[PDB]
Amino acid sequence: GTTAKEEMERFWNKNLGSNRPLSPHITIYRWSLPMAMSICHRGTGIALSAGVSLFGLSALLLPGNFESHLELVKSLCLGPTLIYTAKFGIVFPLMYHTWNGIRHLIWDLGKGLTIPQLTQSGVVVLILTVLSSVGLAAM
Amino acid sequence: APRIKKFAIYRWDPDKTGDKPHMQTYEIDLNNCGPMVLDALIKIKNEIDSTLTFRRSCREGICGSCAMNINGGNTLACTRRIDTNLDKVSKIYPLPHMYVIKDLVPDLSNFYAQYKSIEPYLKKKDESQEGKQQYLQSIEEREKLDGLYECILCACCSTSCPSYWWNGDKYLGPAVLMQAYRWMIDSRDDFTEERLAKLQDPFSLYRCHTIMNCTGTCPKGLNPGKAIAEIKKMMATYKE
Amino acid sequence: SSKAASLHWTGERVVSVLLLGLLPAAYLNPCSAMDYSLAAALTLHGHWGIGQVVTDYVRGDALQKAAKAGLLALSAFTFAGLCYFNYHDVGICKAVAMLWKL
Amino acid sequence: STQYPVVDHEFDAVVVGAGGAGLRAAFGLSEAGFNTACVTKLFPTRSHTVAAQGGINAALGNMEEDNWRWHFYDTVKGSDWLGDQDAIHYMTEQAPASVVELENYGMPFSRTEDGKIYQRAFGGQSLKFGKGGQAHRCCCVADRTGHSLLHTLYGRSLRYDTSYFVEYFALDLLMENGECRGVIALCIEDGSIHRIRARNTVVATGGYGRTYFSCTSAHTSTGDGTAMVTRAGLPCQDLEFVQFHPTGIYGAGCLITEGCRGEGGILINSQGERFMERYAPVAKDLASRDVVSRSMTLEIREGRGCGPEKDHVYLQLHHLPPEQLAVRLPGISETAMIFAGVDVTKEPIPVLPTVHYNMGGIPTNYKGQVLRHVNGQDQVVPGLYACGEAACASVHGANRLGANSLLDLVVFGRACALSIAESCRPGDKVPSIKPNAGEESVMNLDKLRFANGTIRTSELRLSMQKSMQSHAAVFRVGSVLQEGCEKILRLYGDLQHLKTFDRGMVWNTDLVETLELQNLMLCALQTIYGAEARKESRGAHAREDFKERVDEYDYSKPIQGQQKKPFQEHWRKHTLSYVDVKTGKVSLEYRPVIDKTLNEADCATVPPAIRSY
Ligand SMILES: *Cc1cc2c(cc1C)nc1c(=O)[nH]c(=O)nc-1n2C[C@H](O)[C@H](O)[C@H](O)COP(=O)(O)OP(=O)(O)OC[C@H]1O[C@@H](n2cnc3c(N)ncnc32)[C@H](O)[C@@H]1O
Ligand code: HEM
Ligand SMILES: c1ccc2[nH]c(-c3cscn3)nc2c1
Ligand SMILES: O=C([O-])CC(=O)C(=O)O
Ligand code: SF4
Ligand code: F3S
Ligand code: FES
């Protein structure tokens, strides 16, 4: 007679006291669109939060107002397509995470959770990312 | 008329001092073999090498014994037919992020102990009257159980969830989770509220981030994730 | 049943819908109140979001409690700065406008 | 030598098995307050019962109105009167209580309009003692009854403090002076050796179907308990009686349920004739298992063979409503595709009669107590019980009725537990064992662990399998059985030319499959010799040379004006087989079938008769 909890402890005390290997995971697991689009959500998520954090903290730590900082940026070679590109890669992460976030919420309702409905939705999210990231870098 | 296929296979002898996890190649005339990857595994066991160690039983896909990583995906070796494409070398691995006892044989004691913790059996508030009459349940109430009761605890799902890879101790994982839901929507079960109330921590249910590898890999064609979503909804909306 | 987990989860989805609403709302109405509500929603969702990443990868009592402490500090610093910028500077709606015409 | 560390264990009871029978017995004991160990080489869920499809019989009367006594009649009739009527009484009576227990445990049975357990037609089952037409009493969880059953039982088993020894391979019983003291087992995980001793022992190890080349059973159906009993010098019963299920996939020999036919399925030959309507006019392809597969095998001899090789038959389902096929038969629909690439909605499944079930096993009470045969009389073996396919209370006799094994399991698993509960107390004196005890099992282990001979396990196993397949099939003649007998006996000799390659302590599946081969050999050796001796055609065992039911009378006409044949002059008796392990010599004996029920008033004895479907 042994608890589920008692069994779990014995599983750890035995295996950590052993010379057994862990079978490979990410190094051998075959990649799929949703599998990649899940970390991309973490990426874009973490990246964006870093952007927002860098902004708020510099606004407290760095002197000189925003207007002067902009003029500081103008004071530089800013090729119309190099200000576009340096801006596209600031919308791109946000647009992906925005669209895919919506998909995550449809999921939280419980809809579109079959495998066909997942490749369909993923692609749509992927397209919309491009269109809105190009339609805002051109704004 | 020959026809030969290659098999790269994870190996580990705990009984050979200082053995390191390595692959081993075998070659099989597919004309002398049944269609399935297990057939092959058995055939190399029977003929080429019986140091090869794997779990098997039903060779039919109901016991849940095979359960191994085949060409990147977790399925059942008795269900998966090998690529007749002789140009590809078949890659067989043990179930991901699991302690290898030997070869393709992973310690599932945790996977099992976790299943015990959900209490996967019918529960009544008054069980003084049990064993007397068959309980009533409409063909409708019964339908809510399809796609759930069929799980063969093969562990393909839980063992392809990356959250389970990093949190296998404290996160319950798709198969086990889906089963809790299987008892939640059982009309005859009385403990629905207390079943949910047991998932009230950051780790048990809430490590699922809808990655959806589980549903993606289930050899039995089941949808553990969708069931997890349904639990998440029940958790938010139940009363007390 | 202190529903801490299931509350925290919905709260996350509540700010998630909120933060989605405030984006087109800010563009269509770049006022000062929209600067503050966009700062709260932004840093909350971000704090709970990384909070998940923390509990996922940070093992132990030593590390996990520390990572939470240092995350709470970063979040507070990030929210205060955005409030500062709203008050003693341009305001984030106009700061985006100014940045974009460039 | 003493290279192996012996770990000793102490319990009130030990159950060997985690199939339906095993589990039901296991927690049955726990529930009665017994400190219980359960020993199983598989994880309980992996056990063969999980594969079971059709259903589980009880006279619940959900479809029509029923009497368990009609179920009783059906079972004894199907058993061709080699079935022990006391045990059939006990079983068929307890049936509804047992199914209800399962449903109350949580088993998700398919449901009727009433929301009661759905029942379906099954082979050779009738209303009003063989008169009032086809009976619908097979209770099912759609297509995956055994699956659900095992899990339900397993689920339930977690509720009690049974000490489980998972992936332990039982080697022998611990025997001291005709009394069972426990078991000795190999711990597959680390290779260590365990002496689990108890006042009482239950053997629920399932069948030995793997003795054949083509069978529906799991790679773990290796008669491990039967062999353990044989090695104890105890009799095994009726082993020549092997069930050839009519409908199994032509390729991998996977089972397609009889429930297919009970749901309206039809059997078709090469020229499309529903050949079963001619072979059994009344019941048709819902006749017995021994009659239907006899007909199938015959149709192949006839020339009406199907497919490129003309060596199989077609089970037709395509004419059935697709709604019904999805609901009533999902499990087969899928594997018909997976293993044969067959869409059940549009085309017939390639089926062939293959080995399925072992009627014979360990001789048993109606109480589950293992019996020996002392002085032409029965004797209860102290501290020993057996249930499930492993056992033989011959509640199934010469031919096992469809959907009766799952019933068997739960009924007799429970029975074993009750027999112990009602005979002794938990915490009673656990009978002590000799320090040397189990010595030779370890010695046998060691020899096999380092085997160097000319023949490798897999080669020898394949020899036994093809031999049993060709000499002990559906039909058998004294000449072919004779050749098979000496063929097998020679192969038993070959067991000391064994080649093992693996030499580790952990998960040596080379060694176990060799221990499984020793076990299967004994099972086969007794199956084949028993077969050669039985010079009659009773149930599943059909002799070409003696196509007659040989009874104490001629039951084709009324008795009395007839003189009763003496015991060793008729064949209506149980085959009791032994084997000298060293030589491999089989010796046989016989005990009478039981005809008195548990109460003539409650359940009349059904006297032998002509048996036609
Ligand atoms: C093959 C088959 C049989 C079958 C069926 C479908 C198929 C494909 N469908 C059935 C049905 O619909 N209705 C029915 O009544 N019967 C059906 N059957 C027959 C029936 O399922 C089996 O005869 C029955 O399930 C046997 O169950 P039992 O409890 O006797 O045991 P098991 O499930 O065969 O598994 C054996 C257990 O014993 C343990 N074991 C075996 N050897 C050892 C050793 N050496 N040491 C320790 N333990 C051992 C195994 O671990 C296993 O748990
Ligand atoms: C309005 C647009 C946005 C929506 C609808 C949205 C919604 C979501 C959703 C639904 C998740 C994953 C929760 C889950 O796994 O179910 C998530 C992750 C996250 N988000 Fe956002 N988000 C948006 C923009 C942002 C912005 C601008 C930031 C920067 C502060 C941010 C920070 C994060 C972080 C840190 C995570 C955690 C990543 C993870 O754990 O997977 N999000 N978001
Ligand atoms: C592969 C490996 C790790 C992964 N982690 C994720 C993830 C974390 S939060 C949402 N998705 N997806 C993954 C895919
Ligand atoms: O042995 C059995 O009862 C049965 C069987 O093949 C089935 O119909 O599933
Ligand atoms: S849900 Fe599917 S993949 Fe997961 S354990 Fe069950 S059968 Fe296996
Ligand atoms: S693989 Fe994963 S984290 Fe959730 S949706 Fe599936 S369990
Ligand atoms: S062995 Fe039964 S799942 Fe493959």
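Heads up: chain A is whatever sequence line comes first, chain B the next one, etc. The residues of chain A that appear here are 5-143 by the PDB entry count, in order. Per the PDB entry, chain B residues shown: 8-247, in order. The PDB entry numbering applies to chain C: residues 35-136, in that order. Residues 10-622, in that order, are what chain D shows, numbered as in the PDB entry. First listed ligand is number 1; within each ligand, the first listed atom is number 1. Only this structure's heavy atoms are used, side chains among them; waters, hydrogens and symmetry mates stay out.
Given thiabendazole, tavaborole, proflavine, ethosuximide, the compound at ligand 3 is identified as thiabendazole.
The main partner of thiabendazole (ligand 3) in this structure, judged by heavy-atom pairs under 4.5 Å and named as in the PDB entry, is Succinate dehydrogenase cytochrome b560 subunit, mitochondrial. Counting only heavy atoms under 4.0 Å, the other chains near thiabendazole (ligand 3) are A, B. Residues with a heavy atom within 4.0 Å of thiabendazole (ligand 3): A:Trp35, A:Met39, A:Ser42, A:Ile43, A:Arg46, B:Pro169, B:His216, B:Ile218.
Nearby ligands and ions of thiabendazole (ligand 3), counting only those under 4.0 Å: ligand 2 (protoporphyrin IX containing FE).
The deposit gives chain C the name Succinate dehydrogenase [ubiquinone] cytochrome b small subunit, mitochondrial. Counting UniProt's transmembrane segments of chain A from the N terminus, heavy atoms under 4.0 Å from thiabendazole (ligand 3) lie in segments numbered 1.
Restricting to residues UniProt lists as binding heme b in chain A, the heavy-atom distances under 4.0 Å from thiabendazole (ligand 3) involve none of them.
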